[PDB]
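First comes the structure, then the notes that go with it.
All residue numbers given for chain A refer to the PDB entry; the residues shown span 16-349, 351-383 in order. Each ligand, and each atom within it, is numbered from 1 in the order the structure gives. When reading the values below, keep in mind they use all heavy atoms of this one structure, side chains included, and skip hydrogens, waters and symmetry mates.
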Amino acid sequence: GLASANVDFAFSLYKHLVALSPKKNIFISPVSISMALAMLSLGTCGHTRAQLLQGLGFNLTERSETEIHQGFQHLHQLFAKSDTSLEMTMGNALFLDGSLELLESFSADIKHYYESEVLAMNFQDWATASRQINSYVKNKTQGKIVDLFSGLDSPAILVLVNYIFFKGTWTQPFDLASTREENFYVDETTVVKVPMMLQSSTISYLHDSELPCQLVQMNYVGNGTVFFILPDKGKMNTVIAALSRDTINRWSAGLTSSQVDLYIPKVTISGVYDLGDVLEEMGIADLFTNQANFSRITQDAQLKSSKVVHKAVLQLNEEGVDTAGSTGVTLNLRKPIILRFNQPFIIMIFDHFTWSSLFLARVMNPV
Ligand SMILES: C[C@]12CCC(=O)C=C1CC[C@@H]1[C@@H]2[C@@H](O)C[C@@]2(C)[C@H]1CC[C@]2(O)C(=O)CO
């Protein structure tokens, strides 16, 4: 199923990304990356197609591709539904150079399954081109995601874009008057001052006995839900390595209503990731080679993928969360329990309804 494959991609992408930069704050939106690369797969063939879909985790021996795109159409559709549009939006776009014309079926497919806009662009003028697209993404994410492509790209004739924006409200908001500056212990040799939020509430709590960590689950107004995982000091990678469907399943069953003095910091983090190295570690490599099969994009031209970029922002306050994420792919011609989050921790934001991993975080430093 889609929900299982997507989250396994989420955790796998997360684990691999964690290993590449062990001191940086890590914040990503897995569903954005999965929908974008799946939309890209519509224009791929041969070994490139098979390798991509397999990297996203779908078994193309027990599952058709139409089913997959039918699967992402269903999610894209559900993240439009009236009761979630106010708090969540997701969308796709295709930017195309005038020298190229899409095959009827490709442009028809991206419009049917992904509701993608296809917009003409003059890529010969890349300064203008990255300006048009960055603002487009800027606007679609209400200004949270700024300058997605940056000046350090060689020009490219096709750009596939996906964006996600999410604004949730705590069912149990933190106490506004209670926020104070506390110590957040970043390393054994690095200490920072951070705004620490506080609430004393009945909260879902679990001290894990099989893993060196403690965790809480909080819901948002709507269908949003979030996990906060605090590993024991120096056990961050043991908890990350254990992140799977089986662990969160075991956690959900273990979470019990408890009295908690909950201290979480006001996190404002962002991250920019070239997912080239990350994706090829996951086995998605043919896209970038001069043997790339993009024959379903257009009739005549050989296309390869030049760049895959993800950008995401996180804001945490007493009232809620404000998150945004974007992926782009460039193609070229071939008694109360005291729980204190004053050290590195994990954030996992999910949707109760679809189980889509919306946002994953490794907070090394919350400032
Ligand atoms: C592994 C699980 C169930 C089987 C599956 O194919 C995929 C997933 C990924 C998301 C998990 C889900 C269930 O376990 C319940 C979870 C943890 C959910 C994310 C949010 C959670 O729904 C809950 O909030 C339940 O309280």
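The molecule at ligand 1 is the drug named hydrocortisone. For hydrocortisone (ligand 1), the chief contact partner in this model is given in the PDB entry as corticosteroid-binding globulin. Per the entry, the species of origin for chain A is Homo sapiens. Proximity by heavy atom, under 4.0 Å to hydrocortisone (ligand 1), holds for these of the UniProt cortisol-binding residues in chain A: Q232, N264, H368, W371. For hydrocortisone (ligand 1), the residues with heavy atoms nearer than 4.0 Å are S19, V22, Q232, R260, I263, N264, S267, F366, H368, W371.
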